[PDB]
A.B. asks: 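Structure in structure tokens, see below.
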Amino acid sequence: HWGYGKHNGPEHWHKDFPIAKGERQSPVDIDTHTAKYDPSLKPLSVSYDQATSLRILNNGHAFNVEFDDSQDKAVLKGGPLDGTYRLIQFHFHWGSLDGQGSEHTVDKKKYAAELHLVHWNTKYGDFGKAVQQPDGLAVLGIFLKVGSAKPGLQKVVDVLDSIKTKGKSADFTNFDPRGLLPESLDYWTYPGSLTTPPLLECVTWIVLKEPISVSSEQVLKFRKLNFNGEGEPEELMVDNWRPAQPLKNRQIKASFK
Ligand SMILES: CC1(C)OC(c2ccc(S(N)(=O)=O)cc2)=C(c2cccc(F)c2)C1=O
Ligand SMILES: [Zn+2]
């Protein structure tokens, strides 16, 4: 039932999922007066060499690139829990115009889109057991701003034409997610939640300081997707983002000065 419409969007989710009003919900605004530099934070490193992409899918509220997460060398490492996190999936959230679309904000600034690279902490065995733990997932969040094109994004935005409607799936092998990363891996981190139902508070959020630049042509391709299935009335897939939630007692930590 849940979606991003007026009558089933973020403001409605709490009715089915009471945790929507919990103590560790995401996304949040990152106020740069209040993030505390933490010299103990382990810097991020990626081993995406053997990351093995499988397929890309339109599930009716986003598109997901699925990975073979049995590749034990394809991991994100570091962060507050010094974790080793298996890459399993990535997806985006975006807006109906360039001035909005991101889920996290920085000093209340919204970006055009946000990329979420989803990983599960290997010490919990599989993604299913991981989402039961407060630090079970590491989601690497990366802001998208409009400017020059991102060459590593081209394979992603171009295949979207093949999965325009809900339910469409396409083989998507040999995609290298290193092509989606900015130069710097300086980051903010805080304990939070999935930003869609079931809104489980199982995420160590790692949000990169540096946005990637993508072209207007690239972002437009996001907005050609459909929420609806083939033959149904056309509803363009836009504004599939949850707004910032109460920070409550949490401290946002910065890896950088
Ligand atoms: C249904 C349930 C629990 O929700 C999510 C989910 C993940 C990330 C986000 S988000 N937007 O990044 O916070 C929101 C939701 C997954 C999931 C998806 C891909 C890989 C994985 F290991 C788990 C689930 O299995
Ligand atoms: Zn997401």
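The residue numbers of chain A are those assigned by the PDB entry, with the residues present covering 4-260 sequentially. How was it done? The header gives X-ray crystallography, 1.8 Å. Heavy atoms only: backbone and side chains are in, while hydrogens, waters and symmetry mates are out. Atoms within each ligand, like the ligands themselves, are counted from 1 in listed order.
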A.B. asks: Select the option from quinine, ifenprodil, polmacoxib, ipratropium, tetrabenazine that matches the molecule at ligand 1.
C.D. replies: polmacoxib
A.B. asks: Per UniProt, what macromolecule holds polmacoxib (ligand 1) with the most contacts in this model?
C.D. replies: Carbonic anhydrase 2
A.B. asks: How is the binding site of polmacoxib (ligand 1) composed, by chain and residue number, at heavy atoms under 4.0 Å?
C.D. replies: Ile91, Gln92, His94, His96, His119, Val121, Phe130, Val142, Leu197, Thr198, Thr199, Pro201, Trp208
A.B. asks: For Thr199, counting its heavy atoms only, list the atoms of polmacoxib (ligand 1) lying under 4.0 Å from any of them.
C.D. replies: 14 (C), 15 (C)
A.B. asks: Against heavy atoms of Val142, which atoms of polmacoxib (ligand 1) measure under 4.0 Å?
C.D. replies: 12 (O)
A.B. asks: With a cut-off of 4.0 Å, which other ligands or ions come near polmacoxib (ligand 1)?
C.D. replies: ligand 2 (zinc ion)
A.B. asks: Considering only chain A, which UniProt domain carries most of the residues contacting polmacoxib (ligand 1)?
C.D. replies: Alpha-carbonic anhydrase
A.B. asks: Mind looking up which residues in chain A UniProt says bind Zn(2+), and which of those have a heavy atom under 4.0 Å from polmacoxib (ligand 1)?
C.D. replies: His94, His96, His119
A.B. asks: Just to check: does the deposited model tie polmacoxib (ligand 1) to a chain with a covalent bond, and where (residue and atom)?
C.D. replies: none
A.B. asks: What residue and atom, counting heavy atoms only, is the protein's closest point to atom 11 (N) of polmacoxib (ligand 1), and at what distance?
C.D. replies: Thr198 OG1, 3.0 Å
A.B. asks: Which residues in chain A does UniProt mark as substrate-binding that also have a heavy atom less than 4.0 Å from polmacoxib (ligand 1)?
C.D. replies: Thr198, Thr199
A.B. asks: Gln92 heavy atoms, cut-off 4.0 Å: which polmacoxib (ligand 1) atoms fall inside?
C.D. replies: 19 (C)
A.B. asks: Considering only heavy atoms of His96, which atoms of polmacoxib (ligand 1) have at least one such atom less than 4.0 Å away?
C.D. replies: 11 (N)
A.B. asks: N/O of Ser196 under 3.5 Å from N/O of polmacoxib (ligand 1), yes or no?
C.D. replies: no
A.B. asks: Give yes if a backbone or side-chain nitrogen or oxygen of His94 is under 3.5 Å from a nitrogen or oxygen of polmacoxib (ligand 1), and no if not.
C.D. replies: yes
A.B. asks: Okay, which residue that UniProt calls active site in chain A is closest to polmacoxib (ligand 1)? And the heavy-atom distance, rounded to 1 Å, please.
C.D. replies: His64, 7 Å
